[PDB]
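A, B, ... follow the sequence lines: proteins, then strands. Residue 1 opens every chain. Start at 1 and go down the list; that is how both ligands and their atoms are numbered. Both backbone and side-chain heavy atoms feed into the values below; hydrogens, waters and symmetry mates do not.
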Protein chains: 2
Amino acid sequence: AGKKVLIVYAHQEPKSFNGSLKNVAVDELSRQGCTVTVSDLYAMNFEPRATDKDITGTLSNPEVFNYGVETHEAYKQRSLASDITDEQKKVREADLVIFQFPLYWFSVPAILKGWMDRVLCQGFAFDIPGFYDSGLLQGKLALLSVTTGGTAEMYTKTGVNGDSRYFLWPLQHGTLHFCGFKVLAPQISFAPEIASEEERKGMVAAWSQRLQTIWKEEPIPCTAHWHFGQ
Amino acid sequence: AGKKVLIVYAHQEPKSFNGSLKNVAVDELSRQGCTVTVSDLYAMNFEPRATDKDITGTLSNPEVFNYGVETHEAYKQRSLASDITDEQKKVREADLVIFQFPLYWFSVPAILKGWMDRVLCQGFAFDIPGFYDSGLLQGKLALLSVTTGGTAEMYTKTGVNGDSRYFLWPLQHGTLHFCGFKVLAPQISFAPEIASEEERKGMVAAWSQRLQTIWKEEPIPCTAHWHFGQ
Ligand SMILES: Cc1cc2nc3c(=O)[nH]c(=O)nc-3n(C[C@H](O)[C@H](O)[C@H](O)COP(=O)(O)OP(=O)(O)OC[C@H]3O[C@@H](n4cnc5c(N)ncnc54)[C@H](O)[C@@H]3O)c2cc1C
Ligand SMILES: Cc1cc2nc3c(=O)[nH]c(=O)nc-3n(C[C@H](O)[C@H](O)[C@H](O)COP(=O)(O)OP(=O)(O)OC[C@H]3O[C@@H](n4cnc5c(N)ncnc54)[C@H](O)[C@@H]3O)c2cc1C
Ligand SMILES: CCN(CC)CCC[C@@H](C)Nc1ccnc2cc(Cl)ccc12
Ligand SMILES: CCN(CC)CCC[C@@H](C)Nc1ccnc2cc(Cl)ccc12
Ligand SMILES: [Zn+2]
Ligand SMILES: [Zn+2]
């Protein structure tokens, strides 16, 4: 049958390299017949802050507010904020979640960090216990499509940045695997600003071409060994 | 002399375990005679999103928005938003920057990620050249004071989360070292919600006591080996 894809997109500028990577993914996945949804976080003015406004109603323990405890309960009570609830429906129904973003400080831009913090709540994405291979989003795939300022060479073990896989750990393992996702190999488009027009068009085409057979891919083993070696 | 400290604090609840760690830091560093400032990001409703509103000057290219370029240029003309500008003054003058936060998704809460993204702009925190040991915040000390849900056992090589050092890499190396900070050993207070009240009190006391002698500690070698090696 057909597949559902959610692209969580975090760039301010539609004409950016990120925007182009997002658009070619929509084009290609749409052409295949997939159901495609894009959460364009900056266009949505998506709220990144984890606050008590994320629960509508009386808190369990208002005297000492604990975001995790209160959102866990709100999830069960169906009292989370609308924005969170709407994202959760998209994730729940998705077969594949693609994150499209520029690397900010070896991680996701804060608006996307806020999506992770607020949407992937206890009771929805994981339980304690009920994580990693017992996470609640088991059966789903995730894929990081990241662009960098630094070159591939800088992101090697002997480059000033260390290997690119090193910075993936909190995202792939600590977040996605934790919630039970299987993780498809990352798409890292290095240093588009430095690249020539030809190399840039090539990186966009490579992503589109990869997407043609994305459903045939197997996920990585999201292990310490995969990320760090030895 | 040389004992200005900025605490960048990211917890919603003054009565929280994080709040207590922040407060004992203020108490002890104030007692020493340090100059102490706290940026209480949630109380400030701090903006986490990197947007064009961060520039108060005329955009150089309003047709195609490039956050990096526009903020770099605006920094040099004192044309960044006042919230950023005010944080930059605090960092510029600080001799030590402590980050106090609960671990969210193997990283900082989004509101604190947004402080990093928006405050540490090119021209202020780094330049090219002017990064890693040559970063523009060279000579300053930084320290991560992190609290977790996961237990100490979980954050070992034999545990499900891997060594805690693994998740520090984007923060300590990719952010702090990149901007020229020397990085003091992290303070990780594991699993306060699982600890008894007395055990929590012990963790708070340990931090207060560590701070008595913080100014003469040796920084870590902020290398891949420290983070991922034996
Ligand atoms: C706050 C912050 C923190 C950062 N931290 C890091 C970090 O830790 N590590 C790191 O490596 N980098 C870092 N960077 C840099 C950042 O990752 C890059 O600037 C970003 O990845 C560039 O992607 P972009 O989409 O903005 O590029 P763009 O500047 O939009 O793209 C580059 C060029 O590609 C062109 N283009 C767009 N579409 C196409 C197309 N279809 N075909 C051909 N050309 C096209 C554009 O017009 C442009 O000329 C940071 C940046 C910021 C702002
Ligand atoms: C969105 C999200 C993502 C998360 N991701 C992760 C993750 O990736 N990895 C991970 O390990 N954890 C994760 N967690 C868990 C999170 O790190 C913990 O919930 C957090 O660190 C707990 O710290 P706290 O200050 O909020 O605790 P609190 O709940 O505030 O503290 C516990 C108790 O300490 C009491 N207390 C306060 N002061 C004192 C004192 N002086 N002496 C004794 N007791 C005191 C409080 O009253 C409270 O009852 C995540 C949580 C959320 C919400
Ligand atoms: C000389 C090149 N300059 C000067 C303006 C163009 C700006 C390019 C910017 C986006 N590159 C970067 C911006 C911010 N952080 C980074 C971190 C790493 Cl590791 C590598 C490159 C980065
Ligand atoms: C009131 C219910 N209490 C039990 C004490 C829940 C406390 C458990 C919470 C903090 N644990 C966690 C919450 C959220 N994420 C996590 C990620 C990892 Cl890796 C490990 C533990 C996590
Ligand atoms: Zn994993
Ligand atoms: Zn380092």
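Of the chains near ligand 3, the one making the most contacts is recorded in UniProt as Ribosyldihydronicotinamide dehydrogenase [quinone]. For ligand 3, the recorded drug is chloroquine.
Under a 4.0 Å heavy-atom cut-off, the other chains found next to chloroquine (ligand 3) are A, B. Here is the list of chloroquine (ligand 3) atoms found below 4.0 Å of a heavy atom in A:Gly150: 20 (C), 21 (C). Near A:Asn161, the atoms of chloroquine (ligand 3) lying under 4.0 angstrom from a non-hydrogen atom of the residue are 19 (Cl). Under 4.0 angstrom from chloroquine (ligand 3), the non-hydrogen atoms of B:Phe126 all belong to its side chain.
Among protein heavy atoms, atom 5 (C) of chloroquine (ligand 3) sits closest to B:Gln122 OE1, 3.5 Å. Residue contacts with chloroquine (ligand 3): A:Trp105 is excluded, as none of its non-hydrogen atoms falls under 4.0 Å.
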